[PDB]
A.B. asks: 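Model shown: Macrolide 2'-phosphotransferase + azithromycin.
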Amino acid sequence: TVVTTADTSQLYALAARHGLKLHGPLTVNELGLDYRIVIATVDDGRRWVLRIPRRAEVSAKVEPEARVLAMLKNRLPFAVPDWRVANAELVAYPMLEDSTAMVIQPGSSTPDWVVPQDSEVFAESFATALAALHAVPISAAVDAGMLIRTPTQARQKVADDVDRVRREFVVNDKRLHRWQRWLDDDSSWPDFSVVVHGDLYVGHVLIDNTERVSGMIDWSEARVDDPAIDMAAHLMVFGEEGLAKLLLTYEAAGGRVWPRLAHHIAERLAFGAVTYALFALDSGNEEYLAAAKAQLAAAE
Ligand SMILES: CC[C@H]1OC(=O)[C@H](C)[C@@H](O[C@H]2C[C@@](C)(OC)[C@@H](O)[C@H](C)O2)[C@H](C)[C@@H](O[C@@H]2O[C@H](C)C[C@H](N(C)C)[C@H]2O)[C@](C)(O)C[C@@H](C)CN(C)[C@H](C)[C@@H](O)[C@]1(C)O
Ligand SMILES: Nc1nc2c(ncn2[C@@H]2O[C@H](CO)[C@@H](O)[C@H]2O)c(=O)[nH]1
């Protein structure tokens, strides 16, 4: 008798209700506010990811998300989760065994590793993979029931998010001015939307052992919206140097750009403070809320 974090009996029963027979080693992440994520071995000798919604309001997202992934599968030259099980109580897919492009121990505030700035294979393949994603036709997104934002709707969403933060929190005056100026700066904003991943950073990108992008995961924020949404974290991790390389190759690979794209991406990155604060507020988590309030009040 040894106490373990995972409830093997309950997990076995849950998986078996959906055609999966668990057998062998498993791993459990409950840091997620909305899902328990288990990597478990099944009787096919293979590891599967069990993505377990915690509550009814999370379960409600499974059906639309499943439609997105089904559409994306043939239209991307890289892997995405294959949700062979997709229901309100359980999503499950064969694990995409390639590593994420950032490795971190659960709970830790410091990664063990991030794919290096000087990895040209990563930089180049991320840029072409991103062009490929952003080339998925709008029609395919509509046919799959995706959330669609025109450029006007995209800008309105940012305005709404800023306004909600301004109502719920006390924000440094310079941040408020920055966001307002951005919202009013016509030349920053794109005149088109594309299919975006929506929560894209190195931790959601898979790479083969040569550091070539081979997949992307965690697609819950996917939608048709401002392309720069998917470039902010690249700027955050790889700096202006990395961003410059990305935009050159992205454009060469057929990605649509506009003159003030680099500027707009930096403003999108600054807007991450809004996204975080609203995440914190909606989470009800007090540690996240404390961090958000401290960030918002602080000068950038
Ligand atoms: C480069 C590695 C680092 O990675 C980053 O900083 C990312 C670019 C960052 O992301 C950056 C950039 C960007 C564009 O998201 C990709 C922006 O929206 C946010 C808020 O911050 C991530 C994705 C954030 O997590 C995102 O927080 C959103 C509020 C919700 C979103 N998801 C669940 C919908 C979630 O993925 C988060 C808020 O940092 C998560 C937080 C709980 C834990 N962090 C503090 C860790 C330790 C990170 O510092 C990191 C892993 O070491
Ligand atoms: N390498 C890999 N990690 C995954 C996969 N699915 C989920 N994860 C991890 O679990 C988290 C939650 O889905 C992700 O952000 C990754 O850390 C996968 O198919 N492959």
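Along the sequence shown, the residues carry numbers beginning at 1. Note that ligands are numbered from 1 as they come in the structure, with each ligand's atoms numbered from 1 the same way. Basis for what follows: all heavy atoms, side chains included, without hydrogens, waters or symmetry-related copies.
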A.B. asks: Is it possible to name all ligands or chains that make up azithromycin, including repeats?
C.D. replies: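 In this structure, ligand 1.
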A.B. asks: Can you check whether a protein heavy atom sits less than 4.0 angstrom from atom 44 (N) of azithromycin?
C.D. replies: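 It does not: no protein heavy atom is found less than 4.0 Å away from atom 44 (N) of azithromycin.
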A.B. asks: With heavy atoms only and a cut-off of under 4.0 Å, state how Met236 meets azithromycin: side chain, backbone, both or neither.
C.D. replies: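 The part of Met236 near azithromycin is the side chain, not the backbone.
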A.B. asks: Atom 13 (C) of azithromycin: protein heavy atom closer than 4.0 Å?
C.D. replies: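 So far as the 4.0 Å threshold goes, atom 13 (C) of azithromycin is out of reach of every protein heavy atom.
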A.B. asks: Taking 4.0 angstrom as the limit and counting only heavy atoms of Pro111, give me the atoms of azithromycin inside it, by number and element.
C.D. replies: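 Listed by number with element: 52 (O).
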A.B. asks: Identify the covalent attachment point of azithromycin as residue and atom, or report none.
C.D. replies: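 The answer: no covalent bond.
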A.B. asks: If you count the atoms of azithromycin from 1 in the order shown, which ones are under 4.0 Å from a heavy atom of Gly272?
C.D. replies: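 With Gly272 as reference, the close atoms of azithromycin come out as 20 (C).
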A.B. asks: Quiz question for you: does at least one protein heavy atom lie closer than 4.0 Å to atom 27 (O) of azithromycin?
C.D. replies: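 Answer no: nothing from the protein, no heavy atom, is under 4.0 Å.
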A.B. asks: What is the organism of chain A, as given by the entry?
C.D. replies: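 The entry gives Escherichia coli.
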A.B. asks: If hydrogens are left out, which of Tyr288, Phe238, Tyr276, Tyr201 has an atom nearest to atom 23 (C) of azithromycin, that is, the closest non-hydrogen atom?
C.D. replies: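 The residue whose heavy atom sits nearest atom 23 (C) of azithromycin is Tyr201.
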A.B. asks: Ignoring hydrogens, tell whether any protein atom lies closer than 4.0 Å to atom 9 (C) of azithromycin; use the non-hydrogen atoms only.
C.D. replies: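 Under 4.0 Å from atom 9 (C) of azithromycin, zero protein heavy atoms found.
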A.B. asks: Who's closest to atom 36 (O) of azithromycin heavy-atom-wise, of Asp199, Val114, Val274, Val237?
C.D. replies: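 Among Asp199, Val114, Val274, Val237, the closest heavy atom to atom 36 (O) of azithromycin belongs to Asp199.
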A.B. asks: Enumerate the residues contacting azithromycin with a heavy-atom distance under 4.0 Å.
C.D. replies: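 Within 4.0 Å on heavy atoms: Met102, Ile104, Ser108, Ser109, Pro111, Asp199, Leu200, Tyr201, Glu221, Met236, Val237, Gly272, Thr275, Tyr276, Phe279, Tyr288.
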